[PDB]
**Student:** 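So I pulled up a structure with fluconazole in it.
Throughout, chain A uses the PDB entry numbering, with the displayed residues spanning 30-252, 258-477 in order. All ligand and atom numbering here is 1-based and tracks the order in the structure. What you see below is based on every heavy atom in this structure, not just the backbone, and it leaves out hydrogens, waters and symmetry mates. Looks like X-ray crystallography, 2.7 Å, at least that's what the header says.
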Amino acid sequence: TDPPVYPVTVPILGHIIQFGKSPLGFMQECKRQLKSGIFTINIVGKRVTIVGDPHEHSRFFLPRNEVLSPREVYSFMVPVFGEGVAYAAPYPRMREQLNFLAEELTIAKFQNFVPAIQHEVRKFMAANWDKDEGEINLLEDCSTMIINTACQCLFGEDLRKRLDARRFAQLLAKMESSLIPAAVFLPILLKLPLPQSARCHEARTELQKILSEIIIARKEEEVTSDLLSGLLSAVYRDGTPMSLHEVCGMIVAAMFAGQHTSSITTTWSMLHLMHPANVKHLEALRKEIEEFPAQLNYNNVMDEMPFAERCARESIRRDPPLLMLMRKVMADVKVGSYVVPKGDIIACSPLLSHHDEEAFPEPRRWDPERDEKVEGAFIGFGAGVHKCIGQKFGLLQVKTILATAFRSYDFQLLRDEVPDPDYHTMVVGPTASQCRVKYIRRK
Ligand code: HEM
Ligand SMILES: OC(Cn1cncn1)(Cn1cncn1)c1ccc(F)cc1F
């Protein structure tokens, strides 16, 4: 009942190299070699048990923060979110804060959002996709459109007056680059190394101050909503409002979370769609869009593009951006047979589960018409107590980009096969240097 231990070739490496080079092969091999979807690698000195059996996802996603905890594992973010915020806060508090953010990303806010997205998409397309024909890096361009659209939805004109797409991206970048993700397995890393640290603190204070000012200026003004005003309106179980520290942290949580995943989802989708093999699916998308108007609206994209939602999801399915969900085991928990002992990190990998051949036949084929064959096997937005709260919003942007893009352009790869994924980044997407693409304007 203690899960099998993959043997540790070098006391140094643990497994950090092999895993980093091809995670699926590595984990599938671990499964066959060890005869069990549940097994333990020793990454660099800490045991990491992996729930690689999708019939058992609920063992990972359902227990409370008192058993299966995210605080430790997400400490390495304590400087982007800030010391108070999200998972660094006592459990009930964390949950309140997240709720307020989520209260701000539901279908109820999507009222003015589609126009605001669509406008940016056609604006980007009108400065940068000008010609009959042209080459672009699709991952950059999507990435840009995402950050643009998201601001348009979430900040006011006057928030945008001083902090735009550029400024903000510059700012997240000088924050993201503080991050030591390997510090999950050696928390000792958090302490010592401090070079890109003060560069992160000066960004967050810069942002936090722009904010302070905007609020101040926002209060002479009055003498309608957006993401920021929403969060300052929130009230905790007791008295307290949210402190500036906290609001700021949630605005970063949000912009940090959606920044790459949404881009990557859009880009993958478009990539598959433009591939000769996948003509049917692109016929399928093109039928879906036909009787759509030029200005879209809530109905067009929310209720009328199940096929586009299937494509977005199939992309995340094949090539999930967040490859590993993890938690710190506080109390011994059973997972199938096997007890996972306190102290272990426990993990659940969308990448491994999305290639269970029972759950997803022919897993490496991109097929938006497929459905999961084991229920809950798809964990691309996770599940249970920490299921993604931005999913409805992310796919609002992906779908609108799809719709908008495929209305007016075709696309050729400059490559025989769709790009391989690049497992070298925190958040995995197609290989940047394989995403140069040819766009054509229809007629
Ligand atoms: C394609 C877009 C996205 C993908 C593929 C994605 C993937 C995920 C996954 C796998 C989780 C669960 C994490 C865990 O179990 O530890 C998650 C959670 C979360 N996402 Fe996303 N995510 C996406 C978009 C977003 C966006 C745009 C936002 C912007 C708000 C957002 C905010 C959050 C938050 C706050 C959580 C954790 C909330 C909690 O612990 O209750 N997500 N996402
Ligand atoms: O899950 C993330 C944090 N993370 C895990 N690996 C890399 N970043 C990313 N994420 C979740 N949805 C989209 N991106 C997130 C970002 C913010 C947050 F509040 C919680 C949280 F898990």
**Student:** Specify the chains or ligands that represent fluconazole.
**Tutor:** ligand 2
**Student:** Counting heavy-atom pairs within 4.5 Å, which chain has the most contacts with fluconazole, and what does the PDB entry call it?
**Tutor:** lanosterol 14-alpha-demethylase
**Student:** Out of curiosity, which residue and atom connect to fluconazole through a covalent bond, if any?
**Tutor:** none
**Student:** Can you check which residues touch fluconazole if I set the heavy-atom cut-off to 4.0 Å?
**Tutor:** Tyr103, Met106, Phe110, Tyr116, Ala287, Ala291, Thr295, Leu356, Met460
